[PDB]
Amino acid sequence: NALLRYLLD
Amino acid sequence: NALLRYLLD
Amino acid sequence: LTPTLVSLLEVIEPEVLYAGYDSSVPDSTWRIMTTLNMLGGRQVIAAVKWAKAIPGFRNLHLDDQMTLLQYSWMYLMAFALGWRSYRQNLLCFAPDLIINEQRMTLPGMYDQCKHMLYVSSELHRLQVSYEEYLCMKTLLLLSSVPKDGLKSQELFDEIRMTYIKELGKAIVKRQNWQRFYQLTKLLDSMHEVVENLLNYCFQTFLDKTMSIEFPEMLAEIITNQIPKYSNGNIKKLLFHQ
Amino acid sequence: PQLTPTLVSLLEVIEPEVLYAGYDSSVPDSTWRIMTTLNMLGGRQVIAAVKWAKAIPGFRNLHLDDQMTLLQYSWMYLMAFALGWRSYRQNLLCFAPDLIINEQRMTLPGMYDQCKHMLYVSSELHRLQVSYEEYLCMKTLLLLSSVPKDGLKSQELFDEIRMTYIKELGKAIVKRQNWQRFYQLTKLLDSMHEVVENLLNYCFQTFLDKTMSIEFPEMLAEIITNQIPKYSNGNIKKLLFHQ
Ligand SMILES: C[C@@H]1C[C@H]2[C@@H]3C[C@H](F)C4=CC(=O)C=C[C@]4(C)[C@@]3(F)[C@@H](O)C[C@]2(C)[C@@]1(OC(=O)c1ccco1)C(=O)SCF
Ligand SMILES: C[C@@H]1C[C@H]2[C@@H]3C[C@H](F)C4=CC(=O)C=C[C@]4(C)[C@@]3(F)[C@@H](O)C[C@]2(C)[C@@]1(OC(=O)c1ccco1)C(=O)SCF
């Protein structure tokens with residue numbers, strides 16, 4: 001799940 | 001000034 | 001003047017989000033669920049912004065940060081929901097979508113809502129203060145791990161232990177050990193609540209015959225998490241055996 | 001490691017989200033229109049600053065009348081400083097993501113005349129190359145940079161809170177040549193009194209002017225009314241880092 005990795009960076 | 005007093009409370 | 005870990009949890013607590021429910025169109029169980037899923041997605045986005053601000057959390061390995069959110073989102077949603085409803089007999093999904101006595105009686109409605117009502121009544125019963133709620137909610141983020149362990153297991157352990165102590169402190173600043181027992185006993189019972197809620201959630205997601213829509217934020221999590229309940233790679237952390 | 005949070009990291013979270021101005025892009029620009037739109041923005045910026053101050057540890061423990069005095073004395077410092085920061089992070093003036101005073105708008109009548117002062121703050125932050133954490137301590141101290149002549153009612157607690165944030169800025173500096181940068185950054189703080197004097201001069205003069213037709217929201221109007229006597233009598237004491 002790429003969207004989650006994003007919001008966490 | 002009551003509004004500030006209110007926002008502070 | 002020195003800021004406490006609890007005063008910091010207060011600050012980072014996100015704004016309560018509106019559901020965007022049209023109040024001029026007849027209610028139905030399809031319309032409510034679909035709207036709530038959409039809300040759920042935005043609430044998850046919020047929870048990420050919230051977790052990132054919990055001291056320690058951003059110091060975990062990124063995969064661990066992800067795992068914990070994927071495992072606990074329902075705990076965090078259900079528990080916040082309990083709190084919102086508790087602070088209102090009803091369920092406060094949002095200031096624009098309160099399940100009243102009227103909406104409760106709709107087809108298949110109370111069937112699920114009984115589980116979310118349970119959380120709400122336990123908080124009332126135990127008469128939980130805000131600062132306890134905030135510590136409890138933080139522990140819920142830390143309530144399941146992969147059976148195999150996390151990558152930064154050592155640090156996670158320290159973080160969890162800190163918020164246990166923190167919950168403990170909140171109780172003191174509020175019969176103290178008894179209350180500590182009671183509130184951890186509640187946290188334990190969140191596992192059961194979440195299992196129920198996830199079962200119907202996954203069951204609906206997978207059902208083709210129901211036209212219930214899920215936002216992508218949720219759909220990705222749900223997709224990623226299906227196998228881990230199918231292969232049983234989740235360890236539920238409990239305070240009482 | 002530090003799973004107990006520094007006072008700076010708390011200020012980092014309490015920092016209010018940046019507010020939009022609502023300025024219409026189809027309607028032609030005017031000095032009249034920009035100033036009013038800016039006054040309205042100013043009002044909502046003050047309401048945000050109240051919520052912000054209350055979250056500062058210790059602040060909510062002062063006398064309520066003191067809490068009032070501090071916000072009444074320092075609103076312009078806080079607004080101008082945050083403006084200087086926004087302008088620095090994006091020489092232009094970022095009042096809002098939707099109202100940036102650019103090169104062309106600057107050339108509007110009576111515009112750069114006031115904007116020069118606000119630009120000064122912005123070019124100091126770029127000069128001294130101020131970091132974010134330094135910024136958050138400096139702004140906090142700006143809340144605590146003026147007091148009435150015969151002190152506050154909780155002067156002791158105030159003195160202690162101020163002393164705390166002086167130390168907090170000192171940590172920001174080291175965590176980034178030490179004592180000279182301290183001098184530098186505290187000299188900038190000192191020099192805000194001079195900026196704010198100018199900005200308040202034009203603000204009050206416009207506020208009191210009959211034939212000028214520039215609107216003010218109530219939030220600001222109560223404070224401007226509540227302060228004009230105080231500043232034109234001399235009950236304000238400007239706390240300086242360097243004499
Ligand atoms: C039973 C599931 C679980 C529901 C979520 C519960 C969660 F606590 C939550 C809280 C909110 O404030 C907003 C949304 C969620 C995340 C949630 F309510 C919704 O997504 C809907 C979920 C998945 C669920 O709810 C119902 O049955 C339900 C709620 C009210 C009536 O029925 C669904 O499975 S909806 C269909 F999949
Ligand atoms: C010269 C004054 C000072 C202006 C305020 C400065 C402050 F930094 C600020 C920042 C904002 O983000 C939004 C509003 C304020 C609080 C402010 F810009 C406005 O109220 C307008 C103030 C008082 C001021 O500005 C101008 O003339 C001005 C802005 C651009 C060009 O001139 C006024 O006195 S407006 C007329 F009363």
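A, B, ... follow the sequence lines: proteins, then strands. Residue 1 opens every chain. Indexing begins at 1, ligand by ligand and atom by atom, following the structure's order.
- By its PDB name, the drug at ligand 2 is fluticasone furoate.
- Measured by close contacts, the chief partner of fluticasone furoate (ligand 2) is listed under UniProt as Glucocorticoid receptor.
- At a heavy-atom cut-off of 4.0 Å, other chains contacting fluticasone furoate (ligand 2): D.
- Per the deposited entry, no covalent link of fluticasone furoate (ligand 2) reaches a chain.
- Within chain D, the UniProt domain with the largest share of residues touching fluticasone furoate (ligand 2) is NR LBD.
- Applying a heavy-atom cut-off of 4.0 Å to fluticasone furoate (ligand 2) picks out D:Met35, D:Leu38, D:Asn39, D:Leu41, D:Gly42, D:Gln45, D:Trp75, D:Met76, D:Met79, D:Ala80, D:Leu83, D:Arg86, D:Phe95, D:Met111, D:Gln114, D:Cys115, D:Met118, D:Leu199, D:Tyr202, D:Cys203, D:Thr206, D:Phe216.
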